[PDB]
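Heading - darunavir complexed with Protease NL4-3
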2 protein chains.
Amino acid sequence: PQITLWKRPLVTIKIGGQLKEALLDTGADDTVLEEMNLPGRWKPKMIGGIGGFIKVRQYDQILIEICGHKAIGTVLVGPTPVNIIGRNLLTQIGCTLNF
Amino acid sequence: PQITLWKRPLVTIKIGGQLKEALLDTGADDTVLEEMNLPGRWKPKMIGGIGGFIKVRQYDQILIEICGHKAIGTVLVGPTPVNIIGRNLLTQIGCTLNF
Ligand SMILES: CC(C)CN(C[C@@H](O)[C@H](Cc1ccccc1)NC(=O)O[C@H]1CO[C@H]2OCC[C@H]21)S(=O)(=O)c1ccc(N)cc1
């Protein structure tokens with residue numbers, strides 16, 4: 001689909017059997033989601049936004065279904081104010097900016 | 001143009017007679033730039049994201065040329081680690097997500 005940016009580009013995602021809404025964020029290198037439980041072993045990391053940094057838990061090779069499109073990749077879990085789909089997963093569903 | 005997201009969507013902008021590179025950020029509601037001089041009056045504001053908040057100076061009706069696309073709108077000036085073109089200006093140049 002083609003999403004215009006008059007409203008936030010919010011889409012529905014399915015991850016770990018749960019439904020959520022996430023923000024298609026071209027400004028985010030990595031996908032970051034609010035607190036939740038996920039499989040596999042995770043390792044610490046720190047990511048920086050506009051107001052500093054937060055501590056997240058990095059999960060690799062995690063399946064996400066973004067508005068119907070499936071993708072497997074890194075997912076960061078931490079105290080983000082918004083669920084964010086970063087470029088690490090946007091490239092997999094073949095998303096592009098166009099103007 | 002069509003911009004893929006394998007690399008950060010950095011583009012060339014032209015504001016206040018200066019040349020810079022900015023991040024086409026669909027996750028950003030409004031445009032935020034690093035410190036610089038701009039014309040006219042401004043008002044204090046605070047914007048929040050991953051990590052917390054920063055104090056910015058809001059300039060209204062500021063001319064920017066994004067990849068050769070002219071736009072006039074709100075421009076926030078503050079300690080952002082990256083120059084961010086937010087949705088407030090992406091809409092004016094006809095930017096859309098497509099997958
Ligand atoms: C976090 C979003 C809900 C909103 N943000 C835009 C977002 O693209 C930021 C904007 C951004 C871009 C680069 C550097 C700092 C902030 N990027 C970001 O947080 O990504 C982080 C998670 O993955 C990593 O990728 C880069 C930073 C990490 S924001 O910076 O806080 C913001 C909020 C409001 C306005 N008007 C302008 C910008």
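Throughout, a chain's letter reflects where its sequence line sits, starting with A, and its residues are numbered from 1. Both ligands and their constituent atoms are indexed starting at 1 by order of listing. Both backbone and side-chain heavy atoms feed into the values below; hydrogens, waters and symmetry mates do not.
Every other chain with a heavy atom under 4.0 Å from darunavir (ligand 1) is named here: A, B. With a 4.0 Å heavy-atom cut-off, darunavir (ligand 1) is reached by no atom of B:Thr80. Counting only heavy atoms of the protein, atom 35 (C) of darunavir (ligand 1) lies nearest to B:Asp30 O, 3.6 Å. Close approach of darunavir (ligand 1) to B:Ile50 (heavy-atom distance below 4.0 Å) involves ligand atoms 19 (O). For atom 15 (C) of darunavir (ligand 1), the candidate residues are B:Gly86, B:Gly27, B:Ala28, A:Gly49; the nearest heavy-atom contact is made by A:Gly49. Those atoms of darunavir (ligand 1) with a heavy atom of B:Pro81 less than 4.0 angstrom away are 15 (C). Contacts of B:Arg8 with darunavir (ligand 1), taken as heavy-atom pairs under 4.0 Å, involve the side chain alone. Within darunavir (ligand 1), counting atoms from 1 as listed, the ones closer than 4.0 Å to a heavy atom of A:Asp29 are 23 (O), 24 (C), 25 (O), 26 (C). Near B:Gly48, meaning under 4.0 Å from one of its heavy atoms, darunavir (ligand 1) places the atoms 31 (O), 33 (C).
Listed by number with element, the atoms of darunavir (ligand 1) under 4.0 angstrom from any heavy atom of A:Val82 are 3 (C). At a heavy-atom distance under 4.0 Å, only side-chain atoms of A:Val32, from C-beta outward, approach darunavir (ligand 1).
When each atom of darunavir (ligand 1) is checked for a heavy atom of B:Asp25 under 4.0 Å away, the hits are 6 (C), 7 (C), 8 (O), 9 (C), 10 (C).
Shown in contact with B:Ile84 at under 4.0 Å from a heavy atom are these atoms of darunavir (ligand 1), numbered in order with element: 10 (C), 11 (C), 30 (O). Residues of other chains with a heavy atom under 4.0 Å from darunavir (ligand 1): A:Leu23, A:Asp25, A:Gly27, A:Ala28, A:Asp29, A:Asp30, A:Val32, A:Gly48, A:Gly49, A:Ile50, A:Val82, A:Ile84, B:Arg8, B:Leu23, B:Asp25, B:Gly27, B:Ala28, B:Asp30, B:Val32, B:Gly48, B:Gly49, B:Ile50, B:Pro81, B:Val82, B:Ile84.
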Can you give me a line-by-line list of nitrogen or oxygen pairs between darunavir (ligand 1) and the protein shorter than 3.5 Å?
| unit_1 | atom_1 | unit_2 | atom_2 | d |
| --- | --- | --- | --- | --- |
| darunavir (ligand 1) | 8 (O) | A:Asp25 | OD1 | 2.7 |
| darunavir (ligand 1) | 8 (O) | A:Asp25 | OD2 | 2.9 |
| darunavir (ligand 1) | 8 (O) | B:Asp25 | OD1 | 2.7 |
| darunavir (ligand 1) | 8 (O) | B:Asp25 | OD2 | 2.4 |
| darunavir (ligand 1) | 17 (N) | A:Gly27 | O | 3.1 |
| darunavir (ligand 1) | 23 (O) | A:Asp30 | N | 3.3 |
| darunavir (ligand 1) | 23 (O) | A:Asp30 | O | 3.2 |
| darunavir (ligand 1) | 25 (O) | A:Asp29 | N | 2.5 |
| darunavir (ligand 1) | 36 (N) | B:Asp30 | N | 3.1 |
| darunavir (ligand 1) | 36 (N) | B:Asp30 | O | 3.1 |

